[PDB]
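Snapshot of 4-hydroxytamoxifen at Estrogen receptor.
By convention here, the chains are lettered A, B, ... following the listed order of sequence lines. Numbers in chain A track the PDB entry; the residues on display, in order, are 306-551. Chain B is numbered as in the PDB entry; shown residues: 306-551, in order. Both counts, for ligands and for their atoms, begin at 1 and track the order of listing.
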2 protein chains.
Amino acid sequence: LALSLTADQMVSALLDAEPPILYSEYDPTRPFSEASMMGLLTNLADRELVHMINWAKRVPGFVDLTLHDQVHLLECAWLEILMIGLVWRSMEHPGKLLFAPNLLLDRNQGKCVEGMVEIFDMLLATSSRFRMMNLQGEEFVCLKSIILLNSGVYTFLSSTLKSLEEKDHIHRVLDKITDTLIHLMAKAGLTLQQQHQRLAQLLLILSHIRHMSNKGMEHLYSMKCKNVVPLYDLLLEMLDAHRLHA
Amino acid sequence: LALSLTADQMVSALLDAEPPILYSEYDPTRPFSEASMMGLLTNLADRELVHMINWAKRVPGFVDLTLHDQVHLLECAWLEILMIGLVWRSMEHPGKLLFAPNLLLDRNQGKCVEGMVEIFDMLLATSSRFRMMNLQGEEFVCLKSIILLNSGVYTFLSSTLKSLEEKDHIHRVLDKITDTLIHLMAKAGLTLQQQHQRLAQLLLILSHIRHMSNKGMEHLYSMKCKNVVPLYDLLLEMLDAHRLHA
Ligand SMILES: CC/C(=C(\c1ccc(O)cc1)c1ccc(OCCN(C)C)cc1)c1ccccc1
Ligand SMILES: CC/C(=C(\c1ccc(O)cc1)c1ccc(OCCN(C)C)cc1)c1ccccc1
């Protein structure tokens, strides 16, 4: 039961579920000018998605939900989740975005990546904010978890009895993550006021991540494929797994 | 000095700055089928904007900022501010959106308003959430203020000394509003844990309001005018006021 976990149990659970940092797929020995930035990012995102699924399934309370709800939450939050991870790893690289350990781009270079005319600078600003706030890994994982659960909680299908139970559960887990964040801050020696203030500062950044995701999706949709299986179905295929590999 | 205000002083200040509820402009005696929903909403929004300016100038700390920064914050947050007001007044009208006291539309009716294919339902969901949470007016005004100050704090021009001072001031005011929200909750008899949890629940709703604003702007831009003075300049004209009427 995810609702019985203690703060320390929540943090350890989340830290343990952290996905790996992937590398971009390209010939390091071959010219950089040849590669396509969007092709590289698209390929990176596609590989990260599989791992994101694995991660989501390990976020306490997520698997307690229905398959359809798990799919909806991920379809809503996937890009925000990729972006917050990106901002996090770019924290110690002022002026640059570490898309991957072998793919670090600066402002000027960004000016040439399609669909990033506005968001590159927004992402840098967010990374800078995390740096000023001295965001901790324990805090980062709670935030990423909040995004996954909060993403599409208010865009759910209907109001069936099961749907009401689902929403309630999500809000209870979210409440548990808030408690965890406060605990982490209390442990760090922050005063009560400093605790409330930091919690708020952190949650307000999530509105900026949503903004960046919306702007990114606007571009991705403006170059949408044709007869390509919908994200929903791909997520479903990956989420709707059997236990034959148990 | 807005930074010296007490919680009770902050709330009274915000409540006092509340803008009036405007009416839609149309012949109540004439057929409804004749009017254009987007024309009505556009005309309503335009009139609300002037009053929003007046309101912003009365949000503690806002006028301490530069004119250019005041304009940037409003250009980023204006639609979120209109939307949160809309959700707030539709709170006691399940299944309907009270665009104005003389303009209440239900789901089915929304299905016919351009640009609202997705956001109508999202707005209803938000109103429903506020209802379940039993959101208070004192809380609502703090939230609207947070939107105004948080909106474009991370999309500011450069990093000049003045810009760094500006950002710091905004974050200090935001911190003061957080304290105010916690105070309001403590006064309502909520426990410390219930306080942190509610603060988080309220701030997470702001990410959904940002989402709705982005979707709305997507449509508005898809029907953008030509030789029409940019929003920035209109906001500037309204904000850059003289004191000859003092
Ligand atoms: C911010 C970089 C980025 C992507 C990205 C972000 C973080 C990360 O870890 C990896 C990639 C990005 C780019 C493309 C993309 O494609 C997904 C859609 N495919 C399935 C067609 C996803 C993310 C992007 C998104 C929208 C527009 C421009 C760039
Ligand atoms: C949600 C209703 C709405 C508007 C609205 C919201 C709250 C409120 O109090 C009043 C209106 C809306 C519609 C049009 C609009 O136009 C502004 C641009 N003009 C200057 C060209 C602004 C808001 C809207 C926005 C985008 C798409 C579809 C509808």
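Other chains reaching under 4.0 Å from 4-hydroxytamoxifen (ligand 2) with at least one heavy atom: B.
Contact annotation: B:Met343 has at least one heavy atom less than 4.0 Å from an atom of 4-hydroxytamoxifen (ligand 2). Close approach to B:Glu353 involves these atoms of 4-hydroxytamoxifen (ligand 2), each under 4.0 Å from a residue heavy atom: 8 (C), 9 (O), 10 (C).
Close contacts of 4-hydroxytamoxifen (ligand 2) with B:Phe404, meaning ligand atoms under 4.0 Å from a residue heavy atom, involve 2 (C). Within chain B, the UniProt domain with the largest share of residues touching 4-hydroxytamoxifen (ligand 2) is NR LBD. Short contacts between 4-hydroxytamoxifen (ligand 2) and B:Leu346, defined as distances under 4.0 Å to a heavy atom of the residue, involve ligand atoms 2 (C), 11 (C), 13 (C). Heavy atoms of B:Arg394 approach 4-hydroxytamoxifen (ligand 2) to within less than 4.0 angstrom. At a heavy-atom distance under 4.0 Å, only side-chain atoms of B:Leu428, from C-beta outward, approach 4-hydroxytamoxifen (ligand 2).
In B:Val418, neither the side chain nor the backbone holds a heavy atom less than 4.0 Å from any atom of 4-hydroxytamoxifen (ligand 2). Not close to 4-hydroxytamoxifen (ligand 2): B:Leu536, with no non-hydrogen atom less than 4.0 angstrom away. For B:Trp383, the closest heavy-atom approach to 4-hydroxytamoxifen (ligand 2) falls below 4.0 Å. Which parts of 4-hydroxytamoxifen (ligand 2) touch B:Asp351 is read off a 4.0 Å heavy-atom cut-off, strictly below it: atoms 19 (N), 20 (C).
Residues flagged by UniProt as binding 17beta-estradiol in chain B that sit under 4.0 Å from 4-hydroxytamoxifen (ligand 2) (heavy atoms): B:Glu353, B:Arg394. Residue contacts with 4-hydroxytamoxifen (ligand 2): B:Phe425 is excluded, as none of its non-hydrogen atoms falls under 4.0 Å. Neighbouring residues of 4-hydroxytamoxifen (ligand 2) under 4.0 Å (non-hydrogen atoms) are B:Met343, B:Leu346, B:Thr347, B:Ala350, B:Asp351, B:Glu353, B:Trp383, B:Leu384, B:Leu387, B:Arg394, B:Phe404, B:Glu419, B:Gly420, B:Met421, B:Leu428, B:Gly521, B:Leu525.
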